[PDB]
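Next structure: contains vaborbactam.
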Amino acid sequence: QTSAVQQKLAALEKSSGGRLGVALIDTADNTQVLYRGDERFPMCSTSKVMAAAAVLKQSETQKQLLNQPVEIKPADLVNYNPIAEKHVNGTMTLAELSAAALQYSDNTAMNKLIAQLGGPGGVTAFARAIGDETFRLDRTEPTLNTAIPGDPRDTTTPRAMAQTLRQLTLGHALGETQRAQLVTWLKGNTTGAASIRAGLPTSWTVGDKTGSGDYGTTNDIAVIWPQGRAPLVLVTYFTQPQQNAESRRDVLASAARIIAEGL
Ligand SMILES: O=C(O)C[C@@H]1CC[C@H](NC(=O)Cc2cccs2)[B-](O)(O)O1
Ligand SMILES: O=C(O)C[C@@H]1CC[C@H](NC(=O)Cc2cccs2)B(O)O1
Ligand SMILES: [K+]
């Protein structure tokens, strides 16, 4: 079937000229709303959640892991490093790298998380360990954001990412203190106010991770605590036909507004 919400998302997509993917889980009843929910999209910086979570999982058996210093060298800087560049020729702890990757979208920080996990495949292995058979990370920063149409590298589906984000933040994929740390980090994101957040009532609380890539790829994955009801998990992925397309965070806000109006 096609619901009223799905028809509105299709109209938004048609007007946008791009390709939109949405997955909602409403934990009030465990129901789902999907739009292109099983199509693949390039994750771009939303992949930073999986990398940080994989390090949190490692930290469950190493009380000092998050305090471990990691050297930052001039050669480690890439294309977007606002936190890591302040620590060149110094160090950042794994907690600092996680916070920088999640809350500031720092790409050097992400590369250090990936390296701590043994490369992109270590992030994929963690996804598999927590029940996600869809996610794949294949490259480091910055090339994981090329977002080429039809390329399977560094992709997932909306359905898979919503399920995984639920298990990480509201379920038991992580230990209790690690889940709480991930939620704290997401709630302190600096980059999200134009994306899913912008389509929701102002009284609701959001923790999210955005991403930007080539092909105008504009993404957001969020946990949402609405006023008066159980939490939601919402993924909104958007990608466009031209490599140089502009970001369209407003489309994500519009998708979130349609979802919220359908509850
Ligand atoms: O064109 C130029 O004169 C050089 C630019 C300068 C900085 C650029 N980097 C970014 O803007 C980081 C991003 C943040 C969010 C989306 S991209 B670049 O390193 O790509 O090259
Ligand atoms: O969180 C955000 O919205 C911003 C954040 C910026 C860093 C990452 N993007 C890039 O490095 C851009 C690239 C495009 C092609 C190659 S690199 B990420 O996907 O998004
Ligand atoms: K792993």
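Count residues from 1 along the sequence. The analysis underlying the following values was restricted to heavy atoms, covering all of them including side chains, and did not include hydrogens, waters or symmetry mates. If you're wondering, the header gives X-ray crystallography, 1.0 Å. Start at 1 and go down the list; that is how both ligands and their atoms are numbered.
- All instances of vaborbactam are found at ligand 2.
- Counting heavy-atom pairs under 4.5 Å, the chain with the largest count for vaborbactam is, by its name in the PDB entry, Beta-lactamase.
- For vaborbactam, the residues with any heavy atom closer than 4.0 Å are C44, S45, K48, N79, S105, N107, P142, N145, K209, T210, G211, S212, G213, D214, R249.
- The contact set between vaborbactam and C44, taken as ligand atoms under 4.0 Å from a residue heavy atom, comprises 19 (O).
- Within vaborbactam, counting atoms from 1 as listed, the ones closer than 4.0 Å to a heavy atom of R249 are 2 (C), 3 (O).
- Vaborbactam has an N or O atom lying under 3.5 Å from an N or O atom of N107, backbone or side chain.
- Near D214, meaning under 4.0 Å from any of its heavy atoms, are these atoms of vaborbactam: 14 (C), 15 (C).
- The closest protein non-hydrogen atom to atom 10 (C) of vaborbactam is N145 ND2, 3.5 Å.
- Nearest to atom 8 (C) of vaborbactam among the protein's heavy atoms is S45 OG, 2.6 Å.
- Shown in contact with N79 at under 4.0 Å from a heavy atom are these atoms of vaborbactam, numbered in order with element: 10 (C), 11 (O), 12 (C), 17 (S).
- Source organism (PDB) for chain A: Escherichia coli.
- Shown in contact with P142 at under 4.0 Å from a heavy atom are these atoms of vaborbactam, numbered in order with element: 16 (C), 17 (S).
- Looking from atom 9 (N) of vaborbactam to the surrounding protein, the closest heavy atom is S212 O, 2.9 Å.
- Near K209, with a cut-off below 4.0 Å to any heavy atom, the atoms of vaborbactam are 1 (O).
- In this structure, atom 2 (C) of vaborbactam lies nearest to the protein heavy atom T210 OG1, 3.2 Å.
- At under 3.5 Å, not a single nitrogen or oxygen of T146, backbone or side chain, sits near a nitrogen or oxygen of vaborbactam.
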Please tabulate, one line per pair, the protein N or O atoms found under 3.5 Å from any N or O atom of vaborbactam, giving the distance to one decimal.
{"from": "vaborbactam", "atom 1": "1 (O)", "to": "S105", "atom 2": "OG", "distance (Å)": "2.7"}
{"from": "vaborbactam", "atom 1": "1 (O)", "to": "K209", "atom 2": "NZ", "distance (Å)": "3.3"}
{"from": "vaborbactam", "atom 1": "1 (O)", "to": "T210", "atom 2": "O", "distance (Å)": "3.3"}
{"from": "vaborbactam", "atom 1": "1 (O)", "to": "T210", "atom 2": "OG1", "distance (Å)": "2.7"}
{"from": "vaborbactam", "atom 1": "3 (O)", "to": "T210", "atom 2": "OG1", "distance (Å)": "3.2"}
{"from": "vaborbactam", "atom 1": "3 (O)", "to": "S212", "atom 2": "OG", "distance (Å)": "3.0"}
{"from": "vaborbactam", "atom 1": "3 (O)", "to": "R249", "atom 2": "NH2", "distance (Å)": "2.9"}
{"from": "vaborbactam", "atom 1": "9 (N)", "to": "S212", "atom 2": "O", "distance (Å)": "2.9"}
{"from": "vaborbactam", "atom 1": "11 (O)", "to": "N79", "atom 2": "ND2", "distance (Å)": "2.8"}
{"from": "vaborbactam", "atom 1": "11 (O)", "to": "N107", "atom 2": "ND2", "distance (Å)": "2.9"}
{"from": "vaborbactam", "atom 1": "11 (O)", "to": "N145", "atom 2": "ND2", "distance (Å)": "3.4"}
{"from": "vaborbactam", "atom 1": "19 (O)", "to": "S45", "atom 2": "N", "distance (Å)": "2.7"}
{"from": "vaborbactam", "atom 1": "19 (O)", "to": "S45", "atom 2": "OG", "distance (Å)": "2.4"}
{"from": "vaborbactam", "atom 1": "19 (O)", "to": "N145", "atom 2": "OD1", "distance (Å)": "3.3"}
{"from": "vaborbactam", "atom 1": "19 (O)", "to": "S212", "atom 2": "N", "distance (Å)": "3.1"}
{"from": "vaborbactam", "atom 1": "19 (O)", "to": "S212", "atom 2": "O", "distance (Å)": "2.5"}
{"from": "vaborbactam", "atom 1": "20 (O)", "to": "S45", "atom 2": "OG", "distance (Å)": "2.5"}
{"from": "vaborbactam", "atom 1": "20 (O)", "to": "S212", "atom 2": "N", "distance (Å)": "3.0"}

